[PDB]
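Just so it is clear: chains get the letters A, B, ... in the order the sequence lines come, proteins before strands, and each one is counted from 1. In each ligand, atom 1 is the first atom listed, and ligand 1 is the first ligand listed. Side chains included, hydrogens not; waters and symmetry mates left out as well; all remaining heavy atoms used. This entry, so its header tells us, was determined using X-ray crystallography, 2.8 Å.
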Protein chains: 2
Amino acid sequence: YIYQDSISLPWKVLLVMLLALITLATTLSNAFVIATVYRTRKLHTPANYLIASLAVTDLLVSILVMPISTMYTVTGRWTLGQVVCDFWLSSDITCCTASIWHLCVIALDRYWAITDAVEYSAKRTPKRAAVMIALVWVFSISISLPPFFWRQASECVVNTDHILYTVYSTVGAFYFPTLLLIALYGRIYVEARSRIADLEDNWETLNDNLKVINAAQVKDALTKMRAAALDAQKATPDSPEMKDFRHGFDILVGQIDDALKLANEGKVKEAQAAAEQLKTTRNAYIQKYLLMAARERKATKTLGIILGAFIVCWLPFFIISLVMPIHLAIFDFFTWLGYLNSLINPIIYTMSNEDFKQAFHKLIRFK
Amino acid sequence: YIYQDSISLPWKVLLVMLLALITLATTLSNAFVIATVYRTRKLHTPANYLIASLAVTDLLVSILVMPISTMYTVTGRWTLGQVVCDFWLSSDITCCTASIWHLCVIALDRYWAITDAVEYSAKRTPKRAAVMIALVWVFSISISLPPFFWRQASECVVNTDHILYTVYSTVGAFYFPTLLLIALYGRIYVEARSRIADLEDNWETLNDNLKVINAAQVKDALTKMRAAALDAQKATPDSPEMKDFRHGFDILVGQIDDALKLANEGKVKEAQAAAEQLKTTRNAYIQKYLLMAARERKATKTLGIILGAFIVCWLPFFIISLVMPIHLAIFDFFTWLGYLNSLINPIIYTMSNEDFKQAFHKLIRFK
Ligand SMILES: CN1C[C@H](C(=O)N[C@]2(C)O[C@@]3(O)[C@@H]4CCCN4C(=O)[C@H](Cc4ccccc4)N3C2=O)C[C@@H]2c3cccc4[nH]cc(c34)C[C@H]21
Ligand SMILES: CN1C[C@H](C(=O)N[C@]2(C)O[C@@]3(O)[C@@H]4CCCN4C(=O)[C@H](Cc4ccccc4)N3C2=O)C[C@@H]2c3cccc4[nH]cc(c34)C[C@H]21
């Protein structure tokens, strides 16, 4: 029995439009992300090549899997033969696993950048990403290939005969990637909260007291700026390159010390001018590392949203497909919930990553 | 800083005795299980060879890992050099992973027996188990071997440098095996509750009404026995071998029909004798399949307990070692909680499996 055979004509048509609309939006939305990295010179970074490859897999889901899936989800009956059934089931498994595994490659790349910015820079080559993408495609194709034990050839479903493969395929495609991301993103969230916020918070406090400039109240603000500079200095096993970050603050501390010398003497005009002097000369050594932090905070926020979107979309499906061996609409809804992640990913990047956001404003011609 | 350096002399000694006591109990308790399968002729089954191999791995943990671990847990300092450190860490990882993977092999074997008793019998050869044990040892040794990236050589700990291996090792050794067991045991529990209890419950009801044999009350008991026989018949895609199980009940139903013919006529002595006649002749065709169910119910109860013991012992440790990348006593306690599973497994088999329970009563000379 097919539950779809009891659905009314308006609901079946409404569902055909809805599904075709999200398939086309997935095609167009990914096509844009791919085009943007290709078109934009600034975006020719190994990091953006991973975003583009993630968008290629999601474009392949929208072309090879989703349109032919609207036909099957609404009617409930396979009508394209065994050869197209086998190619579609395999292309479903490879593309959806590769989309998930691209996330981990994007999250390992982020992890190594936030964990070893100095050493990782030389290693993070576009040639390295090429191997990581190829490895992801190799691992994904190698998942749909073993369930070809069909020594037999209406309905098109993946072979559930061998329990051990059903669970291995569920591990390699989801549970291994998500446990990796907990461990990976957890570290990223600890680094973004304890360091990419300690530099930014202690700088806010420094600029807030600079904006203040009675002479008595200036002395209390100048000693508040000194404390924030020392707590901002500790953000940053030899010390090369980080000595430059550490120097700017040590100078700002010395400049605050020389300014307070004029403030303690009683001079107000000589001290107020000494504060606006280090204002430009601080934002000459510090704004370099400070701007870096905004880019870090930004890139981890989008990843956080991407990972949240990934868990919400793919956890129900993989929880159900593991429970399945132990209603059909629930399964049809969750496959499309997983398919929806291919549409959610490009919109997250276009709304959170300002390179793609600016890029989008350019094609719609919005200022 | 070592937390152990602040522990008092009586507590350190008390902890040395406690740990040596559980190490020796693990050695002796596994040695017995191994000996029992080796000594007993009846126990020369591929199923019992898995119990014995599971006991070999747990004996290897008690010899190669646990005694040298009491020294380290109580003192908190490694004092046996780098060569013994590397062999001990590797032998820890291989043996503990193999013990866990033996569980899945024991649970796949149970799953295939309860899911395909007829076809699986011919496949379940001791030669098949030899490959499954070798595959488990091959996979386990292959886990401790990659963390040999130590291009460097007080403290003896596993290399945590490469995050991707830490999580892969955590997946291959625990999360993949436990998700497999949920899927495997879930099926076993569904088969044991819906079938190995439907035969047993409908037989209780049949024997309860036979124990009854006023003539009016006999007719209500005889028609209650008929209903239970038809519901017991449905326990059991061609029908060979299962036609023999189905026949016994169909005859019992016919024998109840012939008995009720004497009961409806008004005859009490002719009908009461007809019930005690099918009592022996039923327990000639049915007690064969009925005894099989007790053995099935028994074997799934021990597995349930083993799996429960496995989750309680190994989940905290593997949850912590995945959290670790994102106090040292917590880690020392949970390793020993995992080590304890090597002692819990042989006592579960000796108290739940009646072959080992009888075997134990023989060495202590108890009747
Ligand atoms: C979202 N995708 C849907 C694919 C799917 O479920 N296909 C079928 C045709 O749709 C079903 O869900 C339908 C819905 C109504 C009844 N259905 C089914 O019973 C099965 C369930 C099933 C799920 C997984 C594997 C085998 C069967 N289904 C199928 O086999 C399955 C597909 C998949 C299988 C194995 C590993 C994988 N990695 C990544 C993926 C993936 C993508 C994933
Ligand atoms: C119970 N076993 C204990 C082993 C262990 O934890 N060894 C060390 C020496 O003890 C520690 O737990 C101690 C306790 C006090 C501080 N310790 C540590 O920080 C680490 C933690 C650690 C755990 C896993 C991997 C690497 C480090 N530890 C170690 O490396 C680790 C060991 C293990 C690692 C990887 C895969 C594995 N499969 C099966 C196992 C296994 C068995 C498992």
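Of the candidates ponatinib, atorvastatin, dihydroergotamine, what sits at ligand 2 is dihydroergotamine.
Of the chains near dihydroergotamine (ligand 2), the one making the most contacts is recorded in UniProt as 5-hydroxytryptamine receptor 1B. Counting only non-hydrogen atoms, chains lying under 4.0 Å from dihydroergotamine (ligand 2): B. Looking at UniProt's ergotamine binders in chain B, a heavy atom closer than 4.0 Å to dihydroergotamine (ligand 2) shows up in B:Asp92, B:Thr97, B:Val158. In chain B, numbering the UniProt transmembrane segments from the N terminus, a non-hydrogen atom under 4.0 Å from dihydroergotamine (ligand 2) occurs in the following: 3, 5, 6, 7. In this structure, the list of other ligands and ions lying less than 4.0 Å from dihydroergotamine (ligand 2) is empty. The residue-level binding site of dihydroergotamine (ligand 2) (heavy-atom cut-off 4.0 Å) is B:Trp88, B:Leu89, B:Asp92, B:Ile93, B:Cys96, B:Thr97, B:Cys156, B:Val157, B:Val158, B:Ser169, B:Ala173, B:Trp314, B:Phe317, B:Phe318, B:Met324, B:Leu328, B:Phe331, B:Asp332, B:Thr335, B:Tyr339.
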